[PDB]
Amino acid sequence: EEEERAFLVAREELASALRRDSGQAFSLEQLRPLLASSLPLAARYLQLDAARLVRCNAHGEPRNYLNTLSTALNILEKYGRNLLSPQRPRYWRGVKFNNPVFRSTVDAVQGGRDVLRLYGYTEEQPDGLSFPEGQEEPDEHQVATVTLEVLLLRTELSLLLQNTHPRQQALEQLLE
Amino acid sequence: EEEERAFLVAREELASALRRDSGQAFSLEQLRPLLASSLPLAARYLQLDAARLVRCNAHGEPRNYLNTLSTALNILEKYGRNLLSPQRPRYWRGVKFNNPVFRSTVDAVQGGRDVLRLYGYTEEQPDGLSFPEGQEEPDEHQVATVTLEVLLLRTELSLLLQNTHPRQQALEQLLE
Amino acid sequence: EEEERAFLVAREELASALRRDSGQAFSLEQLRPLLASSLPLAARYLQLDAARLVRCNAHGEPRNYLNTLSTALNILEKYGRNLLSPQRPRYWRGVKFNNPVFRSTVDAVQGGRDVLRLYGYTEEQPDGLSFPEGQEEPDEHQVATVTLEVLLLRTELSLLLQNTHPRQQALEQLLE
Ligand SMILES: Cc1c(Cl)cccc1Nc1ccccc1C(=O)O
Ligand SMILES: Cc1c(Cl)cccc1Nc1ccccc1C(=O)O
Ligand SMILES: Cc1c(Cl)cccc1Nc1ccccc1C(=O)O
């Protein structure tokens, strides 16, 4: 109720900020209402499958797999920002699996390819994903809300590795 | 390849045996052409998401989570066998999430519900999954195929816990 | 009956052994005095609600629900051993319900949370159970007693599943 409805406002606030300037950086104080919230995972992440992304890649030491996941999300965050840019990349319509950055970051995480589908890369090819040929422009609101959750989850993982998460003790008990 | 053709004829034979008698037990001898197999995991399990079922539930000690996965697969295997039985259960068309057996086994592993969808439980309700209202009879070939893959994966986990897997040393290095 | 004093001498031996070194395992021969005892259940288990742990979870085939209970007790036994360890885990004061191991093992069994309360996790929060903030150290004598009983029940169930329980036939006539 109180925390819920407030969480959705800051969510749509920062999301609409991404649509205005997709290259804008967000400080810790700007993301604090979303990082310090005690709402369940299913309430904070509506599109990004944060549960499967963490659970299906939590192999080995957290210091390693939290870094593997966060770096993959950094790459996925850049894909979402490029779709909201005033000057979109030339090949924005598709992503190739054999890209060296993609292969070493996103394709090192189970579920990384599924995040692209949330952006709109829903058409599967033997060597990549692409937008439907009938789609002229990406859904700016759908892309922005997914981009924010990717950025939020990456920030959460990054703060945990830095021992600076607002709920660091609570989250660490979910990994040990 | 050569081993690919040998795996298909074995898989179709045990599936036919499942349709012939869904209550019969398969010894390790009858399952050796599929257990002692060397093909990759993606070639042995064509429908059962074995990769996610293990990776997304490999938390804690292998002795524990392999037991949680085996028991969940034992329950799922019984669901598929019941769908092929001549005396089908009067409630074969739906599975309830609050069922005590289902809740303590299948709903204890991420991806357990998705296996029922492979059987044909595609329609989702807040209380469970059910067959389409128009589907008169289950897909016998589809149920037998998935049931065989469930039985295969459960056997692999059980043999690994018993230290009797044909490739026990090779698979154990995939858990370190 | 004087077989209760024999139970007590062995119980206190293994209980004191748990506090001296919480990591040392117990062989089948060391536990045989308690496993083969003809004492009633209410006399062998003084704190662990063994009657409810079995009865309230005996749904489906015994081969399945005995495995579910045994795995939950394996996790609960580890919680007790960690509380008696010289190098206690940094988060010993509380247990989170969302922990992946806990959710799939202890919380799959009715009464699992109650065992944590016997250890000292009496304060209930929406996120889990925790020790009272005033308690500087856990009750080493109470935890060792509960831990030994958890270990005893798990061994009883695991031996029953292996068809090696000293009173296998007598116990099997309580489940069929
Ligand atoms: C967000 C997060 C991070 Cl960054 C690291 C480690 C854990 C979490 N949390 C969760 C992850 C998967 C499933 C549930 C949860 C939960 O919070 O209940
Ligand atoms: C079959 C199995 C068991 Cl039983 C236990 C542990 C691992 C496996 N294998 C795999 C499971 C998931 C993803 C990949 C593999 C692989 O081996 O390539
Ligand atoms: C100990 C045990 C196991 Cl391990 C398995 C199955 C049954 C038992 N026994 C009992 C369990 C619940 C309530 C009463 C009894 C009794 O023995 O009177």
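Here is how names work: the chains are called A, B, and so on, in the same order as the sequence lines, proteins then strands, and each is numbered from 1. This entry, so its header tells us, was determined using X-ray crystallography, 2.3 Å. Ligands are counted one by one from 1 in listed order, and the atoms in each one are counted from 1 as well. Quick note: numbers below take in every heavy atom, side chains included, and nothing from hydrogens, waters or symmetry partners.
The molecule at ligand 3 is the drug named tolfenamic acid. Here, the chain sharing the greatest number of close atom pairs with tolfenamic acid (ligand 3) is referred to in UniProt as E3 ubiquitin-protein ligase RNF31. At a heavy-atom cut-off of 4.0 Å, other chains contacting tolfenamic acid (ligand 3): C. For tolfenamic acid (ligand 3), the atoms sitting less than 4.0 Å from at least one non-hydrogen atom of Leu175(C) are 6 (C), numbered in the order shown with element in parentheses. Close contacts of tolfenamic acid (ligand 3) with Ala51(C), meaning ligand atoms under 4.0 Å from a residue heavy atom, involve 12 (C), 13 (C). Short contacts between tolfenamic acid (ligand 3) and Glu156(C), defined as distances under 4.0 Å to a heavy atom of the residue, involve ligand atoms 4 (Cl).
When the options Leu160(C), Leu161(C), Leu171(C) are ranked by their closest heavy atom to atom 5 (C) of tolfenamic acid (ligand 3), first place goes to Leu160(C).
If you number the atoms of tolfenamic acid (ligand 3) from 1 as listed, the ones under 4.0 Å from a heavy atom of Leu41(C) come out as 1 (C), 13 (C), 14 (C), 15 (C).
The residues of other chains having a heavy atom under 4.0 Å from tolfenamic acid (ligand 3) are listed as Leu41(C), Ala51(C), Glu156(C), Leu157(C), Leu160(C), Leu171(C), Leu174(C), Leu175(C).
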